Amino acid sequence: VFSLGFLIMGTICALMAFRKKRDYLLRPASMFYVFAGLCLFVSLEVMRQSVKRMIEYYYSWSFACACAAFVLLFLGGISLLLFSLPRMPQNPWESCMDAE
Amino acid sequence: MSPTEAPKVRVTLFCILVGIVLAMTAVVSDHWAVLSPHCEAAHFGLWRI
Amino acid sequence: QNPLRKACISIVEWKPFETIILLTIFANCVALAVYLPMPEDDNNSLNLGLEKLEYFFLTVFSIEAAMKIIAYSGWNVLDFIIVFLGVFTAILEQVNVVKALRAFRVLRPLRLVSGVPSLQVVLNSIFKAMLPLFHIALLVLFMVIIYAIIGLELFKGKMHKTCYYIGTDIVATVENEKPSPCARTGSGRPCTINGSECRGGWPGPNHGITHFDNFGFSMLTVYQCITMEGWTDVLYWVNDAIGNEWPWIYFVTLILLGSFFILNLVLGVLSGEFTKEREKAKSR
Amino acid sequence: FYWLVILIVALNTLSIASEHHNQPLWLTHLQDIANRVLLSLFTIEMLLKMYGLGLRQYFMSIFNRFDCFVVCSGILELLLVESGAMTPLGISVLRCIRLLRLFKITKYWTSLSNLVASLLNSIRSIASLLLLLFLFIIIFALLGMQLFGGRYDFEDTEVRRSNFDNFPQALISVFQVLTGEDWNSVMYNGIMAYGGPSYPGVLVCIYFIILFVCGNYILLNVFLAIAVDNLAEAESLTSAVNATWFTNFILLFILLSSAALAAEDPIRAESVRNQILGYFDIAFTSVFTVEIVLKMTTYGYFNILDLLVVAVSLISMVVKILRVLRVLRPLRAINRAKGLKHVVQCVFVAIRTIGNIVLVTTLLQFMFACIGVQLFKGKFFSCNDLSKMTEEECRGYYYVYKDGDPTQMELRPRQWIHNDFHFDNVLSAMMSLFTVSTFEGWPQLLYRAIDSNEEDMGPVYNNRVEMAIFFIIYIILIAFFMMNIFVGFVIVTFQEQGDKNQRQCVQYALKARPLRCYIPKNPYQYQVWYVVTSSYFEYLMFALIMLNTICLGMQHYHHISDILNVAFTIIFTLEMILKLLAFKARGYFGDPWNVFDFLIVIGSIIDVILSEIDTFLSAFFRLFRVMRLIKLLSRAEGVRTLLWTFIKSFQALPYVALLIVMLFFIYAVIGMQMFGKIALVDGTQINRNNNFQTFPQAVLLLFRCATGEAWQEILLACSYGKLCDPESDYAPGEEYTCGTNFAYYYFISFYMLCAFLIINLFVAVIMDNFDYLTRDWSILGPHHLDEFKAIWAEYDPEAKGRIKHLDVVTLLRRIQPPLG
Ligand SMILES: C#C[C@]1(C)[C@H](O)[C@@H](CO[P@@](=O)(N[C@@H](C)C(=O)OC(C)C)Oc2ccccc2)O[C@H]1n1ccc(=O)[nH]c1=O
Ligand SMILES: CCCCc1oc2ccccc2c1C(=O)c1cc(I)c(OCCN(CC)CC)c(I)c1
Ligand SMILES: [Ca+2]
């Protein structure tokens, strides 16, 4: 439920970023997505530990589902964070927080 | 303004939307932990088992 | 300062007196080289002979220092501190009728540099080629501290189980294998020796030296890994302790950053300083 | 006579190189006889030149100077042959001076004459720097003798050759630590000589750390200076189907096919995964077959590569050579990518540029291998127990006492073993010297050579300590001097291909843009902006970061850290609230460092909540508190600038790194095909942590080999003698048939290629940074212009072009005299 709350916060941040030239809000939304996915991964890890401490198990439908969800959220958040950041300077005159 | 309407950002946002909807649907589908005692396969999940 | 009442001993310095001092420094270095250390306060005839000869060098150095101080600097204070330590050790030795204080005698060869201007300016240049490396050294220390803390929080008290024999305190290994950590009912490594079992109470892999138990030992093993001399052993031991899925990230990233990137930085800065010095001296 | 004398020299070097251990009697007779005729020919050639050119001008060249020495030494040796020459080591060392006539091959290369002239000019500086280094080594050897001399009295039977018992051994140990090979074992021995891993015992590691750091710094200084300066003088005197969619699809298919090839199962020939991989491979080949036919219908050196790849793929729908020849698929990307082709061409041009040093180094290594053959021919044999000195004595069984206890016995058969790296012939000697030049296992070879007793006899402990001169001289000459010139050659060569200060300044002025400062209104918020932006706040929170780092290092194995964690988390959360209030969340996220702080504080809050919920009723979330002192980087301007410039240089040239990635990929796949069926046995170099069974394991093995670990041990671990894996499919009766002798080529070629590529990448990054690296920090630089931009933003909140004319007057006072 903490992870889905983080997802909700990220969704509202992304929605607010599009309107009235609020371009700066794409970074907090990406970070919220990253943390929500990370909570999801640690939740599935604790579930794997619980099923281990309980013969052999099998992952067919929902474990790969949750793993794909975690990978999608993590990679999407990281890519959005990297894309929102303007650029590496690469030039002595160029630097961050410049004039657009 | 430039990184808002970029197609790459749109692709990443679409992937994030797919991931979030998949995770939302996956919080109920408890079909990942199956234990065979050895015909007593179980369905272990977050909410209900 | 003082009038011509004591400065009657400044006339031999202009004479090639420094050559005799250089030769006696070389003789003292040779005497230091031929000394044979012995365990548990043992000696031979030669060591006793060299101990008596040590006073001959001390007297010469002391009279030379007293002769130069009366007639009259960074490199002369070094001679003074060496001679003071020598005379202090000689005084202490004959009144307590410790050997650790004798380690100061390895500073005598520095007087060879002190007596030759060529090595003097060479050492000066080598020191002068070190100031630009300050930022690199700061970055190295910063990375070492971060990686030591990360290893402290990740692998603390994990490499303390190895497979002993059944009911004995003997570590179970094979012909050409060093002892490695072990894990029972986990993701680590289970021991495959027949009459062996995994239990704790094990000081560590390298006689208790290589582990992330506290900050000092974590720093030591991180520094050892950064030199790339035995980092694979640490990685393999951590893999045996906890599993070979995560730790490779830590160790490979440490090797890539603290070893290759740092070496590239050092080489670049040194090459830049060398080229700058050559271009500055070209116009001269 | 030029070609005649070169032919005589070639015959002489062939006769020298033909000598080995247990050679037939006819070979010995021929080599004995061939010495006389060739010496006579040299004498005859000398006498003709004595009249052709005269007795006076013949001695004005060092080229013909040593010929007289060579011929007179040969005559003297031949005359003393008939005497009673005992001491086989002595007669061997008088056979060593017969090898100085190998320099007639070096005598023919005139392209090294410009370099050697600078060496002869700067011989005094070379000697001075080497003398300073030698004095440093002497001082540290004396210190080690004082510290660890006579303190290695361990009751166990373990042998520790690298000790400080006397001056030669202390010098050898200090040199070994200086080379960095197995220095940690020496450090462990020194630590355990004292109490051990206790408070006063571990402080002796300071000696080893200081020795390593200072010696490596001195070594870099001396050798880099010599190489770069002498090579600069040497060069200075020298100068006096067509759409982008289709090609993108093809490249994606190249990547997919490479990934499918990489993730195979070499151990199981018939497996579930292998069939799916074969289906994917034939599906990919079907697409590539319809792609080559399309190209040739519209057109008539790179397409034949695709044709050959498709042919060898379709031929599968020694009979397995073509199975390993499909590792050429990643090489299909060279033509598609212009940058990849350009960097491949550049590295080939660099390879062809460096051709003289490689040849002279190989030839000098050949002479050193000949000397090593003369010195250690047959002397690298041994028995299981060192009490049996001969092959006939080393038979039967003997007792082995484990842990040194005389009451714990075990029986082992006695076998006459031969060292893996020896000097029996020129090829084995060259392999041993190549292993030595990589600083891998060279102490073992050194100590085996010191104990070398006789032609067919076992070792004698500390028999010949003077044999360390050979190894030390070889390391200094080859692994130190010529290797540094090779590195220095690339540096100056790339510097050649690399006013201008005014051009850079005018380019900065033309292309500069102002940066935002975010001066806030609403004076109630202006007060919090003033308190936040004040240097006192940043000093206070730098102190708090330092305190948090200090508290983080206080944890140890065998609860107060919990409350301090919460306290620090709350303090940083209050920072985040205050910054958001001051910057109104608009300019706060414009700074990447503030984004990093947001990420760190959110991670720390989640970690604290997780710890609390665990206490009410995951290990890696604690790493967020470690990254807190990463934000300390924003205050160190020099460190941040250096990191930024080198990072952007690495970003600038990604194709040079892609060459290394492709090399690793190709070699890993080849290794899985070749050595993937070797069983994992403890006590060997192929085990659970080091193998070729999976692609990640092969890549890790190659990376370990790149970083100069025990790669020659891995090379020996795969040579046609290894037990095959039980799950692998092999015919019954034979199990010890896994491994190939191809491992020698594999590992040697990989080591050379990886070293060259890493050197190329490092020099490329250095030359990219050279604008910043060779910068005068006094005349003028971009830092002054950045400070001017900062003060402008101080006087101008928003960019909005320029500012009022009256406001221009005051800011020129703040401009430094170097700029204004
Ligand atoms: C001898 C020698 C060295 C002590 C060391 O053995 C070598 C390592 O790199 P390398 O073997 N290059 C290729 C094979 C490569 O892939 O590097 C990895 C294997 C590390 O050779 C040189 C590299 C740069 C300049 C000159 C030679 O550098 C020298 N060193 C290093 C650090 C230092 O602080 N002080 C120094 O003197
Ligand atoms: C097509 C690429 C060929 C590269 C190459 O060919 C050589 C022929 C003779 C001698 C050296 C080379 C060479 C190297 O690039 C090379 C080889 C070695 I070994 C080497 O030293 C590695 C070990 N090092 C200590 C870790 C010793 C200085 C270095 I640096 C570069
Ligand atoms: Ca090594």
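Chain identifiers are assigned alphabetically (A, B, ...) following the order of the sequence lines, protein sequences preceding nucleic acid strands; residue numbering begins at 1 within each chain. Order of listing sets the numbers, starting from 1, for every ligand and every atom in it. The displayed model is a subset of the deposited entry, and contacts were enumerated within the subset. Quick check of the header: electron microscopy, 2.8 Å.
- At ligand 2 one finds the drug amiodarone.
- The chain in largest contact with amiodarone (ligand 2) bears the name, in UniProt, of Voltage-dependent L-type calcium channel subunit alpha-1S.
- Other chains within heavy-atom reach of amiodarone (ligand 2), distance under 4.0 Å: D.
- In terms of protein heavy-atom proximity, atom 25 (C) of amiodarone (ligand 2) is closest to D:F439 CD1, 3.5 Å.
- Given atom 5 (C) of amiodarone (ligand 2), the protein heavy atom at minimum distance is D:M752 SD, 4.2 Å.
- Residue, atom and distance of the protein heavy atom nearest to atom 16 (C) of amiodarone (ligand 2) are D:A755 CB, 4.1 Å.
- Looking at atom 8 (C) of amiodarone (ligand 2), its nearest protein heavy atom turns out to be D:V358 CG1, 3.5 Å.
- Scanning the protein heavy atoms around atom 26 (C) of amiodarone (ligand 2), the nearest turns out to be D:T438 O, 4.0 Å.
- When each atom of amiodarone (ligand 2) is checked for a heavy atom of D:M483 under 4.0 Å away, the hits are 10 (C), 11 (C), 18 (C), 20 (C), 21 (O), 29 (C).
- For atom 27 (C) of amiodarone (ligand 2), the nearest non-hydrogen atom from the set D:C754, D:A350, D:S437 belongs to D:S437.
- Counting atoms of amiodarone (ligand 2) from 1 in the listed order, those under 4.0 Å from a heavy atom of D:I351 are 1 (C).
- Contacts between D:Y751 and amiodarone (ligand 2), counted as non-hydrogen atom pairs separated by less than 4.0 Å, involve the side chain only.
- Within amiodarone (ligand 2), counting atoms from 1 as listed, the ones closer than 4.0 Å to a heavy atom of D:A479 are 28 (C).
- Within amiodarone (ligand 2), counting atoms from 1 as listed, the ones closer than 4.0 Å to a heavy atom of D:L753 are 1 (C), 2 (C).
- Going by the entry, the organism behind chain D is Oryctolagus cuniculus.
- Under the 4.0 angstrom criterion for non-hydrogen atoms, D:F486 is in contact with amiodarone (ligand 2).
- In this structure, the binding site of amiodarone (ligand 2) at 4.0 Å (heavy atoms) is formed by D:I351, D:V358, D:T362, D:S437, D:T438, D:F439, D:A479, D:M483, D:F486, D:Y751, D:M752, D:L753, D:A755, D:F756.
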